[PDB]
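In what follows, every chain begins at residue 1, and chains take the letters A, B, ... in the order their sequences are listed. In listed order, ligands and their atoms are each counted from 1. Excluded from the calculations below are hydrogen atoms, water molecules and symmetry mates; all remaining heavy atoms, backbone and side chain alike, are included. Heads up: this isn't the whole entry, just a piece of it, and contacts are only counted within that piece. The deposited model was determined using X-ray crystallography, 3.3 Å.
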Amino acid sequence: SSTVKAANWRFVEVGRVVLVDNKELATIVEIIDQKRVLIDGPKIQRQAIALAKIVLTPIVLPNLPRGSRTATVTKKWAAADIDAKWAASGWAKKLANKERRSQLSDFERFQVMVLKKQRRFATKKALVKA
Amino acid sequence: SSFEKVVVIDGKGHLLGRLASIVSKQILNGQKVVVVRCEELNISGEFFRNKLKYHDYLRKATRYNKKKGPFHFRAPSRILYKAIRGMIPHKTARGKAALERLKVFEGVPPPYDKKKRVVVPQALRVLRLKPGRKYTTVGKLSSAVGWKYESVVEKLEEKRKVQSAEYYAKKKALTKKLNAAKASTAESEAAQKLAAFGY
Amino acid sequence: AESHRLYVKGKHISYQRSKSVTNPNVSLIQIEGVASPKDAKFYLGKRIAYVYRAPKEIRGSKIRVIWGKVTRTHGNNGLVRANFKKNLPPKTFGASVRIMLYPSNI
Amino acid sequence: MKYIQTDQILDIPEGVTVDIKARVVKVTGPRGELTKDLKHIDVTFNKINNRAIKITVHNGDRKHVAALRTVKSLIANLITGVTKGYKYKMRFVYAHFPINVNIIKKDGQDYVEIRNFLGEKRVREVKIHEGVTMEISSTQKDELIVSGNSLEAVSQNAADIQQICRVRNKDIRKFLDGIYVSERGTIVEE
Amino acid sequence: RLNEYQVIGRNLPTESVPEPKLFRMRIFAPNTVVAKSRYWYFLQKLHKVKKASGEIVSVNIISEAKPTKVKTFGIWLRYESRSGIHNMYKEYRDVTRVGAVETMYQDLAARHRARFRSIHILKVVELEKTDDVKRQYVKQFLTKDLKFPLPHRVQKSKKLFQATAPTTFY
Amino acid sequence: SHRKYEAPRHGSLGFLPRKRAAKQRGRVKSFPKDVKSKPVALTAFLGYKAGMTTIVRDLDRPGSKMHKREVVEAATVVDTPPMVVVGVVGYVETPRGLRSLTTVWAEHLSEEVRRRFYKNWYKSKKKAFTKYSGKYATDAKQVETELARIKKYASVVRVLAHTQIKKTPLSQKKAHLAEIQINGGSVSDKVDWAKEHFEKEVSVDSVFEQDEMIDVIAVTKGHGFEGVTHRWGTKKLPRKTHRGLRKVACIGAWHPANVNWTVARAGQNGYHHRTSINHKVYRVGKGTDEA
RNA sequence: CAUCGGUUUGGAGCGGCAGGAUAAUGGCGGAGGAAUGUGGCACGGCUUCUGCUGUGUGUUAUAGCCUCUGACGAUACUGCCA
RNA sequence: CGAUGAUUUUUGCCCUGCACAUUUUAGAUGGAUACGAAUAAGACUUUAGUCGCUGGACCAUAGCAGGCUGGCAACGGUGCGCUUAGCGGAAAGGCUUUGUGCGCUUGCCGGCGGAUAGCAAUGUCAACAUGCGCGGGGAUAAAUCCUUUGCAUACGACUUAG
Ligand SMILES: NC[C@@H]1O[C@H](O[C@H]2[C@@H](O)[C@H](O[C@@H]3[C@@H](O)[C@H](N)C[C@H](N)[C@H]3O[C@H]3O[C@H](CO)[C@@H](O)[C@H](O)[C@H]3N)O[C@@H]2CO)[C@H](N)[C@@H](O)[C@@H]1O
Ligand SMILES: [Mg+2]
Ligand SMILES: [Mg+2]
Ligand SMILES: [Mg+2]
Ligand SMILES: [Mg+2]
Ligand SMILES: [Mg+2]
Ligand SMILES: [Mg+2]
Ligand SMILES: [Mg+2]
Ligand SMILES: [Mg+2]
Ligand SMILES: [Mg+2]
Ligand SMILES: [Mg+2]
Ligand SMILES: [Mg+2]
Ligand SMILES: [Mg+2]
Ligand SMILES: [Mg+2]
Ligand SMILES: [Mg+2]
Ligand SMILES: [Mg+2]
Ligand SMILES: [Mg+2]
Ligand SMILES: [Mg+2]
Ligand SMILES: [Mg+2]
Ligand SMILES: [Mg+2]
Ligand SMILES: [Mg+2]
Ligand SMILES: [Mg+2]
Ligand SMILES: [Mg+2]
Ligand SMILES: [Mg+2]
Ligand SMILES: [Mg+2]
Ligand SMILES: [Mg+2]
Ligand SMILES: [Mg+2]
Ligand SMILES: [Mg+2]
Ligand SMILES: [Mg+2]
Ligand SMILES: [Mg+2]
Ligand SMILES: [Mg+2]
Ligand SMILES: [Mg+2]
Ligand SMILES: [Mg+2]
Ligand SMILES: [Mg+2]
Ligand SMILES: [Mg+2]
Ligand SMILES: [Mg+2]
Ligand SMILES: [Mg+2]
Ligand SMILES: [Mg+2]
Ligand SMILES: [Mg+2]
Ligand SMILES: [Mg+2]
Ligand SMILES: [Mg+2]
Ligand SMILES: [Mg+2]
Ligand SMILES: [Mg+2]
């Protein structure tokens with residue numbers, strides 16, 4: 001055999017899902033340059049953006065033709081169910097938990113501390129015998 | 001952005017002047033800084049150019065008495081110190097106090113061999129230079145200009161890394177055991193409540 | 001309670017100044033954890049105390065305080081301008097100040 | 001111009017197993033193994049199959065594209081070094097003074113000992129690189145055979161032998177004496 | 001930051017000539033004050049008219065027809081160097097006709113040190129056919145199934161110090 | 001304008017400053033580089049300059065006009081009674097240079113070496129090294145612990161030895177104590193050799209053989225304050241020069257408006273530390289030999 | 001501390017109105033066209049056709065795109081809000 | 001800058017435990033939270049899954065600046081004091097560890113206390129240094145002037161001897 005280690009990059013291709021502004025999802029519909037792409041999405045405005053302003057996700061929207069219009073992008077996004085695919089990843093889960101933590105109140109933080117005390121007691125009890 | 005009692009920076013892979021300016025402004029603002037592994041610092045530009053630059057620096061000396069002139073320090077830590085001091089009003093009492101807030105070393109001597117070293121992304125060579133550019137390691141320039149203890153430092157750094165590797169293997173084993181204990185106490189009332197809170 | 005702090009950590013950085021002339025009547029303060037004028041705008045109007053130690057006792061206490069207040073933001077990285085009852089002495093450059101949470105508007 | 005993508009295709013013969021991980025190429029063949037580190041170049045590798053490897057440069061400028069086919073050629077030279085070997089033949093050129101060449105061993109090291117070069121009392125010694133074999137040709141008078149798997153070491157040892165026999169303070173157009181590389185081929189004839 | 005303007009003007013009517021011909025120009029200007037200034041600059045380069053003897057008739061913004069359709073534009077230029085006057089032709093990929101001109105102005109500033117005052121835009125044409133594309137540096141983006149990664153990603157940090165090793169995966 | 005003629009400089013800039021040595025005992029700045037494969041042996045010895053003499057020797061130098069022919073040569077006699085080993089020092093390789101880790105001493109020190117640590121011996125209670133001598137109490141485990149530390153951590157091992165100056169005709173009673181680097185063998189071998197040689201005499205015949213080439217470290221003859229003419233070998237000024245002639249006429253150009261460090265000036269001459277190399281050993285004599 | 005008055009710096013500020021190609025887009029409907037030709041089909045190299053793939057063909061099929069257009073509905077930008 | 005010898009029969013010196021009072025502080029106010037290496041690559045958990053896309057993390061965090069008492073569940077956690085063993089010389093002066101004793105435990109539940117500092121005023125709580133009282137262990141010097149020397153020297157200084 002050969003056993004060549006290949007790069008696991010994310011590629012700039014028609015159908016790549018990207019995060020914009022740490023809030024919204026979008027997909028690449030056509031490549032402008034090494035630096036610029038045309039993006040579209042159900043909850044975003046179809047626009048030409050610089051690749052520095054977006055982050056490629058490991059997700060590809062399969063079978064998206066180059067230059068697809070807003071209707072095609074929305075229809076294929078609904079078919080591929082990109083929102084559910086995103087929401088199941090540890091990245092989106094970490095973002096959601098960060099938001100949830102940011103919405104806690106002082107009383108909820110106090111309760112968090114109390115629950116941490118109880119769980120640490122249980123964890124030490126489990127750890128000493130295992 | 002937090003204020004730390006001491007910030008210990010691992011100097012490996014850092015560009016000399018960007019780290020120097022950042023550390024100067026940090027110590028001027030009352031922050032204590034320790035820089036370790038100054039022999040692993042980086043300067044942009046090929047090695048020969050920096051050797052020529054250091055020889056231009058060496059050219060400069062007080063004519064009537066060489067003992068009064070610039071003192072060309074050959075150690076990597078002293079090169080970083082010169083870079084920083086050029087960025088400080090060192091002839092005032094305030095600059096003197098700011099410089100007292102700073103320490104620079106070759107290698108990682110005690111007690112810092114068992115403490116946390118951080119990096120400075122705004123000054124990292126691997127993140128700043130274009131991927132084709134050539135760079136210099138300050139340890140090789142120092143040996144090339146008179147620093148005598150390169151092989152002593154590399155012998156002691158290999159010894160430190162052997163001990164530091166044993167540390168990590170112990171920490172990974174105890175981290176694995178605690179995770180198995182945290183897995184047992186999962187799906188408990190505290191864990192379910194902590195999951196609704198985001199923890 | 002291992003912690004008892006009721007103030008935000010700050011640092012006395014500088015006076016308001018040009019290249020060569022300094023203005024002691026305005027101090028530049030770095031609030032800990034603040035990195036933008038939007039974050040720093042939460043702290044506008046909050047009173048500031050500089051707490052220091054002195055040789056002579058006053059009413060049995062050797063601790064004296066100079067009080068101030070936040071007036072405006074400064075620049076783009078979350079520094080603020082402060083106005084103290086008595087100007088902060090220049091030797092306090094790099095010394096820590098206390099950013100009080102009052103007058104509170106939460 | 002920042003060419004968007006440039007590719008080269010390595011071809012791996014049947015008995016050869018290239019092996020690449022983090023720009024460290026280890027080529028294995030019937031004749032042995034050779035290794036080379038490429039951390040000074042920005043290239044990426046894709047295994048098309050067991051007989052072909054794609055070597056790619058993405059968004060590379062003129063010089064960075066130029067550094068791609070040299071990577072291809074170096075790995076190909078490794079492959080033919082581990083499947084056919086390398087052989088350089090040197091001819092001894094002298095007008096009057098015979099060149100006395102011996103293969104000696106001092107201090108546990110192999111050396112090529114050149115004596116009487118242009119009548120000099122000086123004894124020239126060239127260290128023989130590891131993995132390089134020297135032989136005094138029997139079928140040919142005044143011939144040295146330098147052989148080995150690595151083309152770089154063999155050609156550099158040959159160059160060492162050639163460089164140590166330079167003529168000083170004379171018209172080198174007339175005084176053509178020296179030891180020169182006459183043939184650059186392979187151990188296995190083709 | 002530019003806009004495309006339609007500026008129409010004419011000579012002031014005389015009793016000899018009461019309806020002078022109306023001339024339109026397409027001007028890429030940041031605002032209408034520079035748009036009407038550039039108009040008179042080129043008419044006095046072509047026609048016997050002045051701002052004192054003329055009249056601006058209309059200024060209207062020309063919006064992109066399909067601002068979210070990726071196009072390739074060919075721009076014909078006439079620029080002044082330190083030594084002479086030269087004609088050049090270049091090609092740009094962008095979604096707006098204006099955005100190709102903004103790249104063009106940045107581009108001739110960077111490779112030829114040509115300032116805005118030294119440049120005349122003769123023509124901007126959208127290349128409908130892929131055979132209309134003459135330049136390689138934009139033709140290389142018209143290949144089928146174009147994919148490429150972005151190796152060596154550098155992440156901008158909000159904090160001065162980071163407690164974990166830097167990475168460039170992407 | 002330039003000098004009318006180009007002459008070489010007066011004196012060497014590699015022996016500045018021409019000041020007095022900090023100590024009268026010359027100190028070995030650098031020792032021979034250590035080779036593990038050699039046997040454990042000393043690299044230095046201390047002696048006293050007795051005087052000069054003359055020898056006659058048949059020369060063995062092919063191609064010389066004096067080959068196999070008698071030559072008359074000046075020679076120097078160095079009185080070298082055996083030295084006594086009293087201590088050992090360990091040195092550790094550090095990123096700041098060699099650093100002394102520990103010094104271990106012998107149980108008994110002779111009076112001549114205990115006088116080394118005193119300026120007024122006759123007025124003293126002579127308390128030096130008495131508690132340390134007590135450190136050897138019935139098990140001497142403190143000494144063994146320090147020696148094990150030296151074996152474990154030291155990279156350079158040097159012995160401490162003193163001359164037996166009471167065997168010389170000098171009226172001085174203070175011995176001269178110096179560190180002599182130990183070369184050969186492992187660190188453990190050096191430490192065992194040093195410990196086993198405590199309170200023992202070591203002779204010159206165990207350090208130097210005949211026909212060897214050795215170096216000499218010493219402080220030269222003092223001459224006190226000297227003028228430039230003899231201190232630096234400068235040209236005497238003409239006989240008819242006002243205010244004297246044993247001077248340097250021009251001590252600098254107008255600019256730099258300072259006196260340069262390279263100009264010859266009057267000052268203290270001699271009593272300098274010098275290292276002189278490649279002196280051949282014609283004879284290692286023995287005091288017990290009647291010939 | 002509260003409230004006021006004068007001056008002033010702001011907010012991820014909120015709302016109403018007007019203008020423009022009575023924005024241009026986009027979405028929906030209809031008509032036409034091409035290729036960086038989708039499905040299909042025909043030859044191949046590796047696949048027990050395991051996003052197989054290359055090339056040819058051709059015009060919506062098991063993707064789509066471009067142009068024109070018909071009736072609505074928005075938004076950007078900019079002004080004004082006593 | 002290091003190693004090492006000796007350190008005032010003085011009410012003087014060293015080490016140490018407590019206790020107190022002072023001067024100083026370039027500026028405590030939960031925690032300086034320890035692999036290495038690469039980056040056209042990496043981690044983890046077994047070449048395949050997961051991870052990153054920042055520390056908005058992790059640990060710690062409840063109790064008159066944290067009081068007085070009582071009870072369960074567990075046999076854990078932690079502070080301090082002896083104590084066991086091992087490792088660390090790059091500036092180790094720290095990192096572990098055995099047994100034991102005295103506390104606390106907020107893992108959970110009870111009973112009692114805080115007011116008046118009056119609507120804020122740092123509303124005083126830390127470590128470095130020095131001195132002083134006790135208690136305990138411990139040791140009991142030199143250098144200079146002077147005379148002398150001449151390996152030295154203008155005088156200081158230097159090599160000697162007393
Ligand atoms: N699943 C829908 C698919 O639509 C595709 O076909 C699409 C195109 O061929 C067709 O072309 C354009 C379209 O791009 C554009 N966005 C709208 C325009 N009205 C369409 O035009 C065409 O389709 C419409 C019906 O939609 C017809 O009324 C009209 O006559 C025809 N020229 O619009 C169709 C629908 O968007 C597939 N080729 C077809 O096999 C399939 O039905
Ligand atoms: Mg620790
Ligand atoms: Mg030097
Ligand atoms: Mg204080
Ligand atoms: Mg010549
Ligand atoms: Mg000639
Ligand atoms: Mg690192
Ligand atoms: Mg002259
Ligand atoms: Mg030396
Ligand atoms: Mg010690
Ligand atoms: Mg010690
Ligand atoms: Mg004299
Ligand atoms: Mg004399
Ligand atoms: Mg004289
Ligand atoms: Mg005269
Ligand atoms: Mg006079
Ligand atoms: Mg008002
Ligand atoms: Mg007001
Ligand atoms: Mg409107
Ligand atoms: Mg429309
Ligand atoms: Mg068409
Ligand atoms: Mg097809
Ligand atoms: Mg409309
Ligand atoms: Mg409308
Ligand atoms: Mg508006
Ligand atoms: Mg208004
Ligand atoms: Mg006090
Ligand atoms: Mg990593
Ligand atoms: Mg994991
Ligand atoms: Mg693994
Ligand atoms: Mg594995
Ligand atoms: Mg994997
Ligand atoms: Mg963490
Ligand atoms: Mg932790
Ligand atoms: Mg209790
Ligand atoms: Mg218990
Ligand atoms: Mg100590
Ligand atoms: Mg110590
Ligand atoms: Mg600890
Ligand atoms: Mg107050
Ligand atoms: Mg108190
Ligand atoms: Mg208290
Ligand atoms: Mg004297």
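- The chain sharing the greatest contact count with ligand 1 is, according to the PDB entry, 25S (gene name XR_002086444.1).
- Checking ligand 1 against paromomycin, irinotecan, linafexor, the answer is paromomycin.
- Other chains contributing a heavy atom less than 4.0 Å from an atom of paromomycin (ligand 1): A, G.
- By chain and number, the binding site of paromomycin (ligand 1) at a non-hydrogen cut-off of 4.0 Å is A:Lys75, G:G30, G:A31, G:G32, G:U60, G:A61, G:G64, G:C65, G:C66.
- The entry refers to chain A by the name 60S ribosomal protein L14-B.
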